[PDB]
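Notes follow the structure.
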Amino acid sequence: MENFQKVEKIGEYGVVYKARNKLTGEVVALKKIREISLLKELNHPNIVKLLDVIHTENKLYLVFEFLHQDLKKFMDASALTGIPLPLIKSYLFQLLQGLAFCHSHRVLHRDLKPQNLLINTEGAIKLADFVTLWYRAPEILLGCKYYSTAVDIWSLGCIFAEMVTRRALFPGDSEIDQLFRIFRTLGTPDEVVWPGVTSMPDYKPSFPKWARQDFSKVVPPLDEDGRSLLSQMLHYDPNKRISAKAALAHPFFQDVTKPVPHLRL
Ligand SMILES: CC(C)(C)c1cnc(CSc2cnc(NC(=O)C3CCNCC3)s2)o1
């Protein structure tokens, strides 16, 4: 720990500081807390690099490359005009690349949210930090303990909708409020759309029965290609929900580019 000069707390199972490495001179993010040593080899341009793992005097320190901004603050700074569609598309495409990589190594994020998506001046966006319920998949809320990579696609679909509309898609303040906000928009799931749903641990026959709404009302002014991709990322059935690899081939990305964002640091 003495090899690092903490400069400021930057938030957060632990606490994260911006710090300087007294040996290399590098400015890093230092998180104070075999599976971790395994994550050190999971390297990709859209995953925040874990530089070092320091296991000294019981506690564990994780040293990551430092990124200057997060998506939540960027969306808050862009709320008057909105993030330009080409930049939304670039960020979505990059996060799907990051997830396709994670998912092929049987690694799940499980808690994607704007606060843990980090951005730089070069147009890159990165997955980090592998309670806010807004981005939680319905199978998690219904008590599935052995959920899949599809939970990350759901969270990314919710984030996609929020970048487009400048409002949270499902802003619940309790597990049942979160579940009922999803049901009110997408319709109360049944055996037709989601086989096996009625046998989920926390499913109740007594849940109210709401009808589905059209996506044209849910994400205006998203074009037909975007709405089609979003609908596939928000399928109730995790086995029907689009994979990160298949989403990368969706027509919505035919004209994808890598714009540079306006970042005031
Ligand atoms: C929960 C959260 C803090 C996101 C976290 C846990 N583990 C990691 C990866 S370390 C990291 C790298 N660069 C980071 N930059 C920042 O937090 C920025 C600092 C200036 N304000 C905007 C955010 S944090 O991040």
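Numbers here are sequence positions counted from 1. Recorded method for this deposit: X-ray crystallography, 1.8 Å. Atoms within each ligand, like the ligands themselves, are counted from 1 in listed order. Computed from heavy atoms alone, side chains included, the values below leave out hydrogens, waters and symmetry copies.
- In this PDB structure, the PDB entry names the chief binding partner of ligand 1 as Cyclin-dependent kinase 2.
- Among the options BMS-387032, R-zopiclone, SQ109, the match for ligand 1 is BMS-387032.
- Heavy-atom contacts of BMS-387032 (ligand 1) within 4.0 Å involve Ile10, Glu12, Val16, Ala29, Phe64, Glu65, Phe66, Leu67, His68, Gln69, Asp70, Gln115, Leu118, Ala128, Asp129.
- Here is the list of BMS-387032 (ligand 1) atoms found below 4.0 Å of a heavy atom in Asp70: 22 (C), 23 (C).
- The contact set between BMS-387032 (ligand 1) and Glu65, taken as ligand atoms under 4.0 Å from a residue heavy atom, comprises 12 (C), 13 (N).
- Each of the following atoms of BMS-387032 (ligand 1) lies closer than 4.0 Å to a heavy atom of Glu12: 1 (C), 6 (C).
- The atoms of BMS-387032 (ligand 1) that sit less than 4.0 Å from any heavy atom of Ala29 are 10 (S), 11 (C), 12 (C).
- Remark: BMS-387032 (ligand 1) atoms within the under-4.0 Å shell around heavy atoms of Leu118 are 11 (C), 12 (C), 13 (N), 14 (C), 24 (S).
- The ligand atoms of BMS-387032 (ligand 1) that sit less than 4.0 angstrom from a heavy atom of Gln115 are 4 (C).
- Checking UniProt active-site residues of chain A against BMS-387032 (ligand 1), the nearest one by heavy atoms (to 1 Å) is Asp111, 8 Å.
- With a heavy-atom cut-off of 4.0 Å, BMS-387032 (ligand 1) reaches these UniProt Mg(2+)-binding residues of chain A: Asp129.
- For chain A, the PDB entry reports the organism Homo sapiens.
- The distance from BMS-387032 (ligand 1) to the heavy atoms of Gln69 drops below 4.0 Å at these ligand atoms: 22 (C).
- At a 3.5 angstrom cut-off on N or O pairs, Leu67 counts as close to BMS-387032 (ligand 1).
- The region of chain A touching BMS-387032 (ligand 1) is mostly the UniProt domain Protein kinase.
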